[PDB]
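So, a structure with meropenem (bound form) in it.
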Amino acid sequence: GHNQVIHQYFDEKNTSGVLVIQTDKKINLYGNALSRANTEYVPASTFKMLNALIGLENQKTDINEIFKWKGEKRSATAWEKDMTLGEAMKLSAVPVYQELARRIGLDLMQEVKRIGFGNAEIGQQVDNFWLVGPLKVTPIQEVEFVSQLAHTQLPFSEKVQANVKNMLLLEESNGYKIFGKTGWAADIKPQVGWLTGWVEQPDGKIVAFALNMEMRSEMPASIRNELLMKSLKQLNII
Ligand SMILES: *C(=O)[C@@H]([C@@H]1NC(C(=O)O)=C(S[C@H]2CN[C@@H](C(=O)N(C)C)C2)[C@@H]1C)[C@@H](C)O
């Protein structure tokens with residue numbers, strides 16, 4: 001797998017991003033803008049993985065609790081229904097995890113400094129610190145986080161991590177499995193899109209990734225998966 005084809009996938013999408021990969025504590029960089037791997041961006045919709053872990057661990061919820069939609073007009077129309085913590089993970093429904101963050105509370109949430117995620121600061125507003133700061137995390141710190149979650153090595157209960165892991169399955173073909181969570185901080189300039197997860201190769205081998213790239217409103221949501229899937233195809237991970 002050349003480190004140069006990576007460039008022309010990103011050259012052709014007219015973007016500026018990096019694809020971090022980790023295979024058992026050996027990290028390789030892959031992008032047309034490799035410097036972004038050590039650059040702090042807001043975590044956006046990816047924080048839902050740590051929000052679910054902190055909630056399920058502290059028993060502020062469970063994998064079964066159904067969240068009632070109480071009428072208000074939400075961003076996308078697929079969010080306007082009752083759903084559980086898992087279905088809200090797939091749809092990235094923000095209002096659900098906000099109510100969970102209020103159950104946890106700012107004091108208990110500021111667990112974040114114990115896990116050592118990003119700059120480890122959440123400010124005062126407990127329901128929008130991952131969307132416009134003051135929380136920022138580097139794509140290297142992200143790929144290390146999901147690497148521990150896949151190997152079931154995060155500082156939480158073993159049953160809690162495996163529950164969050166089951167909420168993150170995206171594609172299961174050819175004995176492979178690809179877990180991950182998407183993000184898109186559309187409210188900051190320049191915009192930034194995420195796609196952090198891992199690959200469960202058929203032999204159980206684990207390869208974690210953390211795709212970071214600048215976003216624009218005109219891009220499709222399937223521009224992140226398209227860019228990643230053709231890169232794991234090239235690196236012979238799938
Ligand atoms: C998390 O970034 C937001 C949540 N996640 C998310 C995504 O990354 O897919 C969408 S934003 C993105 C999805 N399509 C675009 C759109 O608004 N439509 C075409 C409907 C933008 C979603 C908002 C969380 C902060 O809401």
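Start at 1 with the first residue, then count along the sequence. Going by what the header records, the deposited coordinates were determined by X-ray crystallography, 3.5 Å. All ligand and atom numbering here is 1-based and tracks the order in the structure. Note that these values count all heavy atoms, side chains included, but never hydrogens, waters or copies made by symmetry.
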In this entry, what is the main binding partner of meropenem (bound form, ligand 1), named as in UniProt? Beta-lactamase OXA-23
Report the source organism for chain A from the entry. Acinetobacter baumannii
